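Here's Metallo-beta-lactamase NDM-1 with imipenem (hydrolyzed form) bound to it.
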Amino acid sequence: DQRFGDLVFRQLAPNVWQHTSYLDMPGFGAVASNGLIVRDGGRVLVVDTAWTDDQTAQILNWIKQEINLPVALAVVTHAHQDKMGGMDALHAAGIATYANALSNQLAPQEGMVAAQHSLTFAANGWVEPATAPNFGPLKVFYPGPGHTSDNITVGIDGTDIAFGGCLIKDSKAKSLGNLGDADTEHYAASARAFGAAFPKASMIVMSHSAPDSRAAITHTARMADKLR
Ligand SMILES: C[C@@H](O)[C@@H](C(=O)O)[C@H]1CC(SCCNC=N)=C(C(=O)O)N1
Ligand SMILES: [Zn+2]
Ligand SMILES: [Zn+2]
C-alpha cells in the first residue's frame, strides 16, 4: 500500500491499481471508498472519482508521478457522492467522463456534476459499444437495478479483476449498507447477473472493502434474497 496525501494506492496487477479515499462522517466515522486505475498502452483509464474534487485531483497527481501517462477517460458507476463526488477535478483537467445515461439524468437531483458523455445498454446488460468509445480493457455491464437504479459495473479485460462498486459487498459484510435508493426486489438478481457477466473474474474489487473472491458476489446475492 502506498500513501499519497490522504489517499492510498494499491497495485492489484501489473497494469491495475485501486485508489482509496476517506470521508469523515460525524457520528459514523471515516468511510473508505475504492476506485480503479488502469494502464492501457500509452494511456490511463479511471473508474470512479474520490469523495471530493480535491481528493480526485490527488489521484491525477499520483498518476502523473507513478505512471506518467495521460489520463484518457474516466467512468463513474453511479450518481452518489463516493463515486461522482470529484467530477469537477476530472473536467478541470480536461478528462472525458462517461456514465450511465440514467446517472447523468439523476446527477443534478443528487447534487452531483453530470458526466460529459452517456452510456446506454442492451437488453442483455452489455454496453452498446457505440456509446463506449475507445474503452480499451474496460468492459462495462449494467446488471440491473440494485444499490441504485443506475448502478453499472466494470470488468478489466485481460486480468482476473472485476469491479462491482457499491452493488457488491464483501463476504464479511453484516448488511447491504445504504439501501436508501435501492431496488430491494431486483437487488439479488442484479448481483447474480454481475457474477454471470464476468464468470472468470476471481478478484472482486468493490467500493468499501479490500478486494475479495467471487464469494463476495454470492454472499451479497444471498443477503439481498432476504430483502424480498
Ligand atoms: C454516501 C453515499 O455515497 C453512499 C452510497 O453511495 O450509497 C456511500 C456510503 C456507503 S455506506 C458504506 C458501507 N456501509 C456499511 N454499513 C455506501 C455504500 O453502502 O455503498 N456508499
Ligand atoms: Zn451509492
Ligand atoms: Zn458506496
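Note that chain A carries the PDB entry numbering, so the residues on display, from first to last, are 43-270. All values below come from the heavy atoms of this structure, side chains included, with hydrogens, waters and symmetry mates left out. All ligand and atom numbering here is 1-based and tracks the order in the structure. Per deposition record, X-ray crystallography, 2.3 Å.
Counting all copies, imipenem (hydrolyzed form) can be found at ligand 1. Only the side chain of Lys211 comes within 4.0 Å of imipenem (hydrolyzed form, ligand 1), counting heavy atoms alone; its backbone N, CA, C and O stay farther away. Contacts of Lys125 with imipenem (hydrolyzed form, ligand 1), taken as heavy-atom pairs under 4.0 Å, are absent altogether. Imipenem (hydrolyzed form, ligand 1) places these atoms under 4.0 Å from at least one heavy atom of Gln123: 3 (O). Comparing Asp124, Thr190, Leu221 against atom 8 (C) of imipenem (hydrolyzed form, ligand 1), the shortest heavy-atom distance belongs to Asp124.
Among protein heavy atoms, atom 4 (C) of imipenem (hydrolyzed form, ligand 1) sits closest to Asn220 ND2, 4.1 Å. With hydrogens left out, the protein atom closest to atom 1 (C) of imipenem (hydrolyzed form, ligand 1) is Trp93 CZ3, 3.8 Å, a heavy atom.
Of the protein's heavy atoms, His122 ND1, 3.3 Å lies nearest to atom 5 (C) of imipenem (hydrolyzed form, ligand 1). Counting protein heavy atoms only, atom 10 (C) of imipenem (hydrolyzed form, ligand 1) is closest to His250 NE2, 3.7 Å.
Taking atom 15 (C) of imipenem (hydrolyzed form, ligand 1) as the reference point, the nearest protein heavy-atom neighbour is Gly219 CA, 4.0 Å. Neighbours of imipenem (hydrolyzed form, ligand 1) among the ligands and ions, at a cut-off of 4.0 Å: ligand 2 (zinc ion), ligand 3 (zinc ion). The nearest protein heavy atom to atom 19 (O) of imipenem (hydrolyzed form, ligand 1) is closer than 4.0 Å.
With a 4.0 Å heavy-atom cut-off, imipenem (hydrolyzed form, ligand 1) is reached by the side chain of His120 but not by its N, CA, C or O. Near imipenem (hydrolyzed form, ligand 1), within 4.0 Å on a heavy-atom basis, the structure shows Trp93, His120, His122, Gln123, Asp124, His189, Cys208, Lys211, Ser217, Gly219, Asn220, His250.
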